[PDB]
Amino acid sequence: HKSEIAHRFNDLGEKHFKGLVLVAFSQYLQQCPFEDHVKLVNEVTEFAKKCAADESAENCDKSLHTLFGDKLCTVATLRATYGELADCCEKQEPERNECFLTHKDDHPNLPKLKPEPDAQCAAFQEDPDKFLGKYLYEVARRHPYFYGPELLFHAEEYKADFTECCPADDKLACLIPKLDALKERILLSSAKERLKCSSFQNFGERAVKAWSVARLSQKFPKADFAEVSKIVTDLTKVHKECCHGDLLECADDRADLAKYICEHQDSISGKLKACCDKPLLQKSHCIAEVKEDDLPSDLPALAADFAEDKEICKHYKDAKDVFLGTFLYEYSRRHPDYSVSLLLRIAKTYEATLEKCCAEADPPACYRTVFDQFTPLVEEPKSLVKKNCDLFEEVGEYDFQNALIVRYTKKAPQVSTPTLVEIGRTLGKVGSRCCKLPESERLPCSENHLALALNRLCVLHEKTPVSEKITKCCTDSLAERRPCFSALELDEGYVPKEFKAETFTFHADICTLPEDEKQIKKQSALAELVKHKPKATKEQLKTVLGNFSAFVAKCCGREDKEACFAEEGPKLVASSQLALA
Ligand SMILES: COc1ccc2cc(CCC(C)=O)ccc2c1
Ligand SMILES: COc1ccc2cc(CCC(C)=O)ccc2c1
Ligand SMILES: CCCCCCCCC(=O)O
């Protein structure tokens, strides 16, 4: 292309071009204000228009990285606010772009997005474009690896809520649940896409391909190998581009990929009918979250080819990655009931068997029982899901969350209480989302969502490294992560935390808080109890936190609330030390 910026501007249209450019800038520069980002967008969009007029003009021949990166470096107060990104600005490309990605702050800890109905409806009415602009800006900076196109989709959902609710009767009760539901759907899409980007960063491109081969095979079992090969290759290119900042290239390839999938929807999946009769961004979102197609009756038996055949060791050694890819494709089609990580574990086990058996004297008899090696890999996570769902349905989300906070604070007591609480709470959501489902779907739901929860923990752990055991689980193997985390126990090497009185000191302010904010306060205390008494049984801790909850409920209903906390607080905390012995 003679001018790439004009090419993208022409293809994407002005609205999406502007939107995606804003997101791109908002992700790299979290701290800068909205007013500043708008002008950068405006300036770029103008330049793109100039190039679209005359492609052989001054600087129009330059690459997107060059143009975007130069514009990033013009920003006012860049060295003061972003010392890291100012060091990058001196470099040429691609070194400078590579520098920018390294220094994206994976968590800035900005204020939580509190919906303000009246003021937002006011801003929505006066200028809806600038209002959606703020949505893009605010979400993008809170999630530096969010997918541009998918974020544009959630902006239309966001807008749809404000059109339905601002002229309507009660502004609070209309928006609040819709913007809570939207924020839940924002967190999940962010988590899914952060796993893909983390997988490139930590494990490389082959790990993303393998995950994608497995997931897509499950979703499109009717699709032949060549169609899946196309989709994976192209989808991996889309994901690689979005993760490495190339949002304009990502949007173009994503749309082209969704276009291909729908042109060939007959032969790929019956479930794509609804998705293909929809507009651009809606269509792509539907394909990505499409339900798995029903099992074809004519799925081939695999023992003949992958277990019984006499020349497997020959076929493996010719093209290892091709033979395993095929196995993975075929074995994933026939198992929607397995999780993605389980299928990759099974594939790694299959590889390992061939590596071993094709060194031995009689290979066929060795690898003849290769499928039976999978049994223990399948049974472990099945009964872990049953055990956790049995517990979840007994005690509910709050106590299930508490059971996991205890479980993980023991595994990693050196990790910060806010992190431990967050991860434990997210793991408890897996209980809510998966245990209600039909029992066949529990395993894939659980482990796939655990991959999101655990990658989040691993991302936070890069930011604040603490435990060597977590580093190992997070970095040794993508497929073995969840089993690795499960295999952790309390290390005796941890020195029990010293009993500061202020750590378990509650006051009247808790009573005014909402339900989840009360819980987080108690759950922070729960984690602090495990840090002080590592060896306390989970059953001891449950007793003690019950006494905390009661104490909170009691003093919140007292005449003099603060007098109750001041009086009963120290008494509870003193007797709690003894009860955890
Ligand atoms: C259905 O919801 C859940 C929620 C948390 C789970 C955590 C694990 C990992 C187990 C350990 C020891 O970390 C297994 C399965 C789990 C199932
Ligand atoms: C209120 O705080 C807790 C803390 C730990 C818990 C652990 C479990 C797991 C098994 C049992 C019943 O102790 C159940 C519920 C729990 C409730
Ligand atoms: C063709 C099968 C490739 C399996 C790749 C497994 C990725 C998990 C890992 O070991 O990091």
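Residues: numbered from 1 along the sequence shown. Ligands are counted one by one from 1 in listed order, and the atoms in each one are counted from 1 as well. Note that these values count all heavy atoms, side chains included, but never hydrogens, waters or copies made by symmetry.
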### Query
emtricitabine, sulfaguanidine, alprenolol, alendronic acid, nabumetone: which of these is at ligand 2?
nabumetone
### Task
Give the name from the PDB entry for the chain that makes the most contacts with nabumetone (ligand 2).
Serum albumin
### Residues near nabumetone (ligand 2), heavy-atom distance under 4.0 Å
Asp399, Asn402, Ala403, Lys538, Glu539, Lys542, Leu545
### Message
Hey, quick one: which residues UniProt lists as binding Zn(2+) in chain A have a heavy atom under 4.0 Å from nabumetone (ligand 2)?
### Response
none
### Query
For chain A, which organism does the PDB list?
Equus caballus
### Query
What Ca(2+)-binding residues, per UniProt, in chain A have a non-hydrogen atom within 4.0 Å of nabumetone (ligand 2)?
none
### Query
Which UniProt domain of chain A holds most residues that touch nabumetone (ligand 2)?
Albumin 3
